[PDB]
K.L.:
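Consider the following structure, which includes pleconaril.
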Amino acid sequence: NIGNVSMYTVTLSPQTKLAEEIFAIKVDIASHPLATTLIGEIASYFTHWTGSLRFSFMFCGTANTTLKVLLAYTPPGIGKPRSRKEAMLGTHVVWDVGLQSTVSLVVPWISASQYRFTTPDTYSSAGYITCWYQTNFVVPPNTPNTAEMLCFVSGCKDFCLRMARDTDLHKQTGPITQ
Amino acid sequence: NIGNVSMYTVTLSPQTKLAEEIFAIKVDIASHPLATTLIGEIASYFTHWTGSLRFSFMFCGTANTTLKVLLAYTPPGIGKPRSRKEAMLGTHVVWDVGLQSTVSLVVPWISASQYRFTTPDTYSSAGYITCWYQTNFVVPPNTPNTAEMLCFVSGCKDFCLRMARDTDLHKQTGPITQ
Amino acid sequence: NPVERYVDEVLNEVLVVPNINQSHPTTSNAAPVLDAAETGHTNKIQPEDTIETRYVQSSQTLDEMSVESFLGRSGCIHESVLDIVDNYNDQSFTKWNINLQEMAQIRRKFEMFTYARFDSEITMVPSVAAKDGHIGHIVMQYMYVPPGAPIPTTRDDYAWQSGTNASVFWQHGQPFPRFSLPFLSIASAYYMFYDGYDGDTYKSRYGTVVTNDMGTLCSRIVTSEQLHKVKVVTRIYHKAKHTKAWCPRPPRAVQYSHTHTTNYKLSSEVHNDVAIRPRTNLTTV
Amino acid sequence: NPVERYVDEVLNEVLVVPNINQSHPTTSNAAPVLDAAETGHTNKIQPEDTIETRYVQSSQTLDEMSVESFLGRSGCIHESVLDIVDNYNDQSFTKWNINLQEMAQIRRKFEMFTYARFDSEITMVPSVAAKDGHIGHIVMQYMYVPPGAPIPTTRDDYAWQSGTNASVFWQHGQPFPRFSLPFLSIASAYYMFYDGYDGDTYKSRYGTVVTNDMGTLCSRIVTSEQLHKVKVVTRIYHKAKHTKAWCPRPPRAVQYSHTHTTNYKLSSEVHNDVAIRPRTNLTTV
Amino acid sequence: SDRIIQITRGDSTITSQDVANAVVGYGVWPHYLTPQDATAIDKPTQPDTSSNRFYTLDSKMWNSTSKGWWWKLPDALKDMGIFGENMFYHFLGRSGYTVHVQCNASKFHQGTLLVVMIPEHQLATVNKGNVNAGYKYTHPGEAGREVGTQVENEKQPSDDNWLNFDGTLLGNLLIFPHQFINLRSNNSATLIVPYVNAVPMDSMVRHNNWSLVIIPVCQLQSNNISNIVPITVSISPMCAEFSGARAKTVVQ
Amino acid sequence: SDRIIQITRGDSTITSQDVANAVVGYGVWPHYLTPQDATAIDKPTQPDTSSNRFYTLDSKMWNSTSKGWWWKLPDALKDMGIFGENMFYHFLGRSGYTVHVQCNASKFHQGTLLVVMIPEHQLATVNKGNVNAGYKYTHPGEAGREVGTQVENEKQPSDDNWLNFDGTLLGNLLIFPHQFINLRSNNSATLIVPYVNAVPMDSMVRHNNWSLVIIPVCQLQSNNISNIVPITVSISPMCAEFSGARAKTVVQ
Amino acid sequence: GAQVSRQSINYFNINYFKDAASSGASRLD
Amino acid sequence: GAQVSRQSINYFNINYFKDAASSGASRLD
Amino acid sequence: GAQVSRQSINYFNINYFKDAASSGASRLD
Ligand SMILES: Cc1cc(CCCOc2c(C)cc(-c3noc(C(F)(F)F)n3)cc2C)on1
Ligand SMILES: Cc1cc(CCCOc2c(C)cc(-c3noc(C(F)(F)F)n3)cc2C)on1
């Protein structure tokens, strides 16, 4: 997918098994799927971060496609959840798709220390965001049997970065000439 | 002409074709025909310039010689005008020669940026000044069939120079000795 | 009490982040978590709206994230080399067409904004390598030649007199030279990007090269020819002071190729050209 | 509020240029664009009189165009050479008849006025070239010998005692020497030009050489003979401070030939001697 | 109702019964040049209702393989009535815009367009050294550029939508004024942008201030593919003013 | 001095050092349409300095046999900058004018031109029954019509200067706004005319409001005939305003 | 020259050169 | 010795040597 | 900027940089 706009969309569809997993990523602001986002890029110019993160999701199926999804945040000190039941025991939002296409899940600042390192460093690893099917993806006849979802990220009022440093998300391996 | 006082005069005379061109120069304060004028020499000790320029012309024919001339300023973003019609669509003064021998055309400051570079640099190239015959050069019998015109230049109340630098209108290629 | 203003400067507590207030369970038909990203606006929901929060007194401050702080650090923008190999007259002087495009580190930070207006602090770090064993007494001259002024073509060109240009003479063994420059543009802000040309034909130049002419930096070893050859490398550092920036933009994702242009190279396997790391699948953290 | 005066100095807004006011179409028998250059006066017409202008608030300032600014920058006025080749006693000292006529760059600026009165700031840049590999401990002495005082004829002449003359001793590795000099003329202003002689016969001298005697600058390497030979070049820079200038004049159009004289050389094709570039014809921009 | 809009400019009125609000770029509404920021001393011409009106560009067809489209302003409006004439007879111009992108389908169609207005979108060329995009490529006119079609001339700009045709990642385009046309929610996007530049007025011929970029982030799908789903763009200048009049510039 | 004049309009300034005052037609200075006399309800466009400026027409040569010249307004200004563009993109237009006729010779030349501005100069055809002057004949453009030259097509208007090309006597043209350029006295004529019509605005393409007629009543004589004595006309619209914008009308 | 202020904890905020470009980093907010 | 001035933003305009020729560039106007 | 105090034996207690980490050893008690 890298090199395509499809690297930005998650596909949903009618499931045959219940409570299936949709996606799972680390919540660390400068960790991998989210390092290249704007907040991830700026966070990469600083050594420490703190505050709550806001993840939003916009459903892009037809106006006749329905779906209920569970978005969960698993605080640290445990592995990523292996089932919807395990995931829903953490912080979560049950999203019902309807007239308003977008939902937001806030990953609260739940940490031992007041700040965490922006770079991938275990001790200050913030947990995971996983998405599961709450019910199913239902559609009437003659309607596309698959649909995309876009995912966004930004910082809440308490977001803050500290200790400026150079980034490792960009480099120079030769002279930049005229 | 260089090396003669005639490098300072433009010759006018009875024309056989209508609306002929008399002269055309760039309006840039430190550009070529006007680099050696006093304002051009001082402008050459600075990197930036701004403000309006005042061009004056003094007719030197006999008191019985008549003439109407169109002096035009063509703002940038277009080539120099190829005809009197094309030129008169820009800023212009129709000069009627009579008891007062001199006329002045003001080249208003019409620029994108607040200043321009004094040195010949396209982006900040200010346009052109062209002169054409509005009617003709008429004289009675027994009168010289040609006459000169002198051209002057100075700066208006808004003229201003900035960023001092060394000039390229003078050099030293060997020791100046006793 | 400005003095109070001064105390905040010393402790770096000028811009405080807000507190988290206590929230409670709710059951209503106002659903803040729901919205429409189509509007082009970010949902304004805060933690108190989704979970039940406790009251926490935020001490964090945003001073370090200010535009002044982000762009206010000296970074290298050029490395000048005067390497004496076999001809002192030809090798003891050089010139550089000034720009902030050759070093990726600082170029990328400035390019996170479309326009930026600032004063500059230039610091120079010269180092003399004794190729044959001795450096003698090295004295350098760095001269700023604004566009239009005469550029020196020999180590004794009359232009080195510096009758009007600014020159900084540095003597080996003295502190690193440093000076400030005011905002130099003919416009109100420097263009970090410029979607324009200098003409309307197929041969017109495109980009910041049309607007960012800063002149040339001419430098030479003032000392005359010495028996032992030296290689003098002068690194120029730049720092922005009293900064303002407008219209933020996406950070450069691929390597830079050339100055004044957004041109880039792309290989056969594109994931190597960007910092994005391939995920095994959607569910592998 | 002089303090207000100080703020203007810091921002360089002491001398403001006037605004352009809005003007309107006119039909009258007062024709400002018309005049007579014969009068020797410049027509005083402004843009509002010829075109219809809008109201624009001018922010430009003329501080940098002041005579203080124009003549207030250090330029090289001399390059002194003490080259030890084969006789330390003869080559370790020299002298220079002071003047501001040898370097075209600053000479031309000062010569844009007929008279000028100013104080001077002299800065010296010495550089020791190690011709054999070592510079040892170089200590220099620069002595100002006003007209009449005894000029040294050997490196140990009693005149180097400097019992009354001003001498500056510089030691290699210390900052560049610098000192100020007050306005030195016996008249009220320095003559940049002088249409006069020192007598009334065919052999009398003509020009500024009659009025601008400034004395001699005698210098020597204070250190005694060292095994390794050095070549010390001292460049003298001058800057005018607290300046006043009278009767402006046309800038020098051809190269200078000699000091204190307006003499010039002219070749067979004169357009090469002036900065005027040949036009193809009257209508070729 | 928060999902209806009527925009009146000059003699034109545009409506939409399924909007997602409107975006005012950088929060500044277009306004005329003030005497404190002005620099070119001659009195500006302000065509008013004759130039500040909606001009509808050529329609584009959105299909399952579309990669995007882009237009540059003021270039796209160069052959449009009085506004277009004014930009060629004058050296300088200044203007804000109301951009209204239109695209309707049905409740059984799905797809998403990211509509963005980028200031100073300096295009890149790919794998061509220091050769930059040529003038005629970045001045397509009202036809704009359909990403993924052009015959590789050398000065042809990048056609990589995921890298914003300029070396930065697509997902970050949201930092610029933008909206989405998500077929299940809305059928139009409205962006109102002020004049943004480092000088108060500029050449309308050599400099393009804004670029309208429309990229389909979610593929158009339905079970009635033979029905063509076009995308139409209508742009209205706002507070247009020109200065430094002369003969008409003829380009290329 | 009562014999000098400087007329500034937009970015143009015209001077003359030998005038015979100025004439303000019917004593009314040009002014914009007021809401009490207006009728077309849409808001007018007023180009201001971009259209209200002097436009110089093609020069004519006056010789011992010249019979006259005529131009019709606004037709003569149809290919003139912004004013010309505005008259074709709009259904309606309204405007006054400053007409400045220039002709200089010498103190040893003699001759007299009657310069007249006629409202509704409906031309006649001679000996052709009820066939009227054809559209292209009365719409010569900036080149006007040189009396006594044309190749007799049928719808060609009258070329009889003594009958004002309309069946009335020349000596009575003085009842219309006019001036004379008597070579021994002046070298220019200046007439400033308001908008005159029975409706507040009108089609700039189908209706010509004023006609500039220049007839040499006293033959040009001198003892240096090889020196050409041209006549140049410069016209400046005043208070030009247009209404009812649309696509550009293409004529003939 | 500089801006002395009092409360007693004076903040002599000196600017040593005569150009605005010469001073250090700007105050925030 | 130098000219302290007040408004509070003092402008200590110091002249470090005892000769007029020693001071820096002159004030304009 | 610093805290001038009076009794007359002033204690100009200067802090030359704009960061708290820059000052010397702390007062006791
Ligand atoms: C965009 C943008 C912003 C800027 C300002 C860059 C500052 O650039 C310089 C640099 C880096 C060095 C010198 C310089 N180096 O040495 C000298 C002197 F000491 F010789 F004056 N001047 C001058 C400028 C204008 O350039 N492009
Ligand atoms: C006209 C005109 C104006 C001036 C004043 C020129 C200042 O000239 C000098 C210079 C350049 C150097 C010295 C000098 N160099 O070194 C020394 C000292 F350090 F030895 F005192 N004095 C003295 C004067 C009067 O000279 N001619």
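Each chain gets a letter, A, B and so on, in the order its sequence line appears, and its residues count up from 1. Readers should note that the entry appears only in part, and the reported contacts come from within that part. Header lists the method as X-ray crystallography, 2.8 Å. In what follows, every heavy atom counts, from backbone to side chain, and hydrogens, waters and symmetry copies are set aside. Note that ligands are numbered from 1 as they come in the structure, with each ligand's atoms numbered from 1 the same way.
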K.L.:
Tell me which chain touches pleconaril (ligand 1) most, using the name in UniProt.
P.N.:
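Chief contact partner: Capsid protein VP1.
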K.L.:
What are the letters of the other chains with a heavy atom below 4.0 Å from pleconaril (ligand 1)?
P.N.:
C
K.L.:
Could you help me figure out which residues touch pleconaril (ligand 1) at a heavy-atom cut-off of 4.0 Å?
P.N.:
C:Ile77, C:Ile98, C:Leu100, C:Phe118, C:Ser120, C:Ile122, C:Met124, C:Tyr142, C:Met143, C:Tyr144, C:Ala166, C:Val168, C:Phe179, C:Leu181, C:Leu184, C:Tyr190, C:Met192, C:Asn212, C:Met214, C:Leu217, C:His238
K.L.:
Source organism for chain C according to the entry?
P.N.:
Human rhinovirus 16
